[PDB]
Amino acid sequence: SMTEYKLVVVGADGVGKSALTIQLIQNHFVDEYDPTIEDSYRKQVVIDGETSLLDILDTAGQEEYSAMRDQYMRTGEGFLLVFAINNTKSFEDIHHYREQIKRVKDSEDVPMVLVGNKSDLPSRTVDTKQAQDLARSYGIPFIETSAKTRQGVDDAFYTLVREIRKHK
Amino acid sequence: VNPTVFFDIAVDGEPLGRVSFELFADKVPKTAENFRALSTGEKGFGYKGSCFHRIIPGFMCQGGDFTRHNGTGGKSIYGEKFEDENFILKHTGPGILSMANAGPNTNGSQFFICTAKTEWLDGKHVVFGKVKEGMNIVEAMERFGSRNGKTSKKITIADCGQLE
Ligand SMILES: CCn1c(-c2cc(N3CCN(C)CC3)cnc2[C@H](C)OC)c2c3cc(ccc31)-c1csc(n1)C[C@H](NC(=O)[C@H]1C[C@@H]1C)C(=O)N1CCC[C@H](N1)C(=O)OCC(C)(C)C2
Ligand SMILES: Nc1nc2c(ncn2[C@@H]2O[C@H](COP(=O)(O)OP(=O)(O)NP(=O)(O)O)[C@@H](O)[C@H]2O)c(=O)[nH]1
Ligand SMILES: [Mg+2]
């Protein structure tokens, strides 16, 4: 029976966590803003020839409830660290998310992928090199995405599965 | 003299009962007047026919998206959004009526009714009314909710208006 991977999508509010996940699951793009409480999804995929079951937790970006992330971080196996390439604050927020995951899991070695979303917009404030340099300093992959065009959507989730496989 | 408004609630179209609200026009007149006008429909749009899209037991019942009917919309009588009028009033317990928002100065038509004290919302959401009659209707709406707020039946404002 196929292996199950517990993926968790985290990042500041409005960066496109839900748009990315719904693109993966439903193959369409939500242009409206429906702020998340918490949602979970399942999808089977084939990655590197091996069929895998993705269990995706789409989390809230509200800073107000930062204290309540610990339980889903304990449970999750791999994390998409999502920022938006036109939102320098959400890029700055990445550090806090990663440090929080490391603390809660008490490990330097947690599967993660840095995701720079909204690559379709012209208003970029975070240079790709900055993001790439940050990913390299974390030792994790960096994927540029657009939930609107689907660019990189599969790649971001599949790369995270690959990171979990290497870890196990 | 603070105005009173009513919602007649239905569940998958069957009547549940009436909730009435006192609106604190004496403390938050602009916010109270928006909710009043939207409850009468007098601008040609308002809450009649719209749903409670988010119900989380232990916390609150949220509704008021009459423009998109998916929890993302709504609009005020002043424009799509209006500013936070004041935060004088606090989320003190069950029955508090308060504006939903997407950050500072983004009030539209969405609102929520507390079913418990939610003090961490103080200073962030404008409180502007309280359940007067029918808190048991709000309590009965809770079982149609869930942890993330998805509802298991369609909870609707079948009718609404101002009481004299
Ligand atoms: C951590 C998980 N979580 C939780 C949470 C918090 C706690 N505690 C916090 C307090 N301590 C002391 C005890 C523990 C426990 N259990 C959970 C839930 C049950 O765990 C699944 C909440 C929440 C809110 C948002 C996102 C995640 C969230 C959120 C996401 S957008 C938002 N808030 C504000 C929301 N804007 C909108 O809709 C905009 C789109 C329209 C125009 C809005 O104006 N209103 C009205 C006020 C209430 C709020 N919605 C709402 O729904 O609050 C849910 C609530 C359960 C009250 C809080
Ligand atoms: N142009 C463009 N817009 C995007 C993209 N991803 C998300 N958006 C838009 O950004 C807004 C917020 O998206 P959403 O997926 O809800 O973000 P979130 O990270 O899930 N927000 P929350 O933390 O509140 O749950 C929506 O208007 C959505 O259409 C993208 O790649 N390109
Ligand atoms: Mg979301």
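We name chains A, B, ... by the order of the sequence lines, and we start the count at 1 in each one. Method of determination (from the header): X-ray crystallography, 1.6 Å. Counting starts at 1 for both ligands and their atoms, following the listed order. Computed over heavy atoms, backbone and side chain alike; hydrogens, waters and symmetry mates excluded.
- Sitting at ligand 1 is the drug daraxonrasib.
- Counting heavy-atom pairs under 4.5 Å, the chain with the most contacts to daraxonrasib (ligand 1) is listed in the PDB entry as Peptidyl-prolyl cis-trans isomerase A.
- Counting only heavy atoms under 4.0 Å, the other chains near daraxonrasib (ligand 1) are A, B.
- Lab note: binding site of daraxonrasib (ligand 1), heavy atoms under 4.0 Å, is A:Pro35, A:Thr36, A:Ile37, A:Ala60, A:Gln62, A:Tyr65, A:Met68, B:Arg54, B:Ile56, B:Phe59, B:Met60, B:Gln62, B:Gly71, B:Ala100, B:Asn101, B:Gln110, B:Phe112, B:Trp120, B:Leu121, B:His125, B:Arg147.
- The B:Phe112 neighbourhood of daraxonrasib (ligand 1) comprises atoms 46 (C), 47 (C), with distances under 4.0 Å to a heavy atom of that residue.
- Taking every non-hydrogen atom of B:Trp120 and a distance limit under 4.0 Å, the qualifying atoms of daraxonrasib (ligand 1) come out as 10 (C).
- Those atoms of daraxonrasib (ligand 1) that come under 4.0 Å of a heavy atom in A:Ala60, given as number and element, are 26 (C), 27 (C).
- Polar contact check, B:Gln110 against daraxonrasib (ligand 1): no nitrogen or oxygen pair lies under 3.5 Å apart.
- Shown here, atom 4 (C) of daraxonrasib (ligand 1) is out of close reach of the protein: none of its heavy atoms lies under 4.0 Å off.
- Any N or O atom pair closer than 3.5 Å counts here, and B:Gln62 shares at least one such pair with daraxonrasib (ligand 1).
- Some N or O of B:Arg54 is nearer than 3.5 Å to an N or O of daraxonrasib (ligand 1), by distance alone.
- In this PDB deposit, the label for chain A reads GTPase KRas.
- For atom 13 (C) of daraxonrasib (ligand 1), no protein heavy-atom neighbour is present inside the 4.0 Å cut-off.
- In chain B, most residues contacting daraxonrasib (ligand 1) belong to UniProt domain PPIase cyclophilin-type.
- Every atom of daraxonrasib (ligand 1) is numbered from 1 in the order shown, and the set under 4.0 Å from a heavy atom of A:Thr36 is 26 (C), 30 (C).
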For a distance cut-off of 3.5 Å, show me each N or O of daraxonrasib (ligand 1) paired with any protein N or O, plus the separation.
| unit_1 | atom_1 | unit_2 | atom_2 | d |
| --- | --- | --- | --- | --- |
| daraxonrasib (ligand 1) | 36 (N) | B:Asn101 | O | 2.9 |
| daraxonrasib (ligand 1) | 38 (O) | B:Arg54 | NH1 | 3.0 |
| daraxonrasib (ligand 1) | 38 (O) | B:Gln62 | NE2 | 2.9 |
| daraxonrasib (ligand 1) | 44 (O) | B:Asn101 | N | 2.9 |
| daraxonrasib (ligand 1) | 44 (O) | B:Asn101 | O | 3.3 |
| daraxonrasib (ligand 1) | 45 (N) | B:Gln62 | OE1 | 3.2 |
| daraxonrasib (ligand 1) | 50 (N) | B:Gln62 | OE1 | 2.9 |

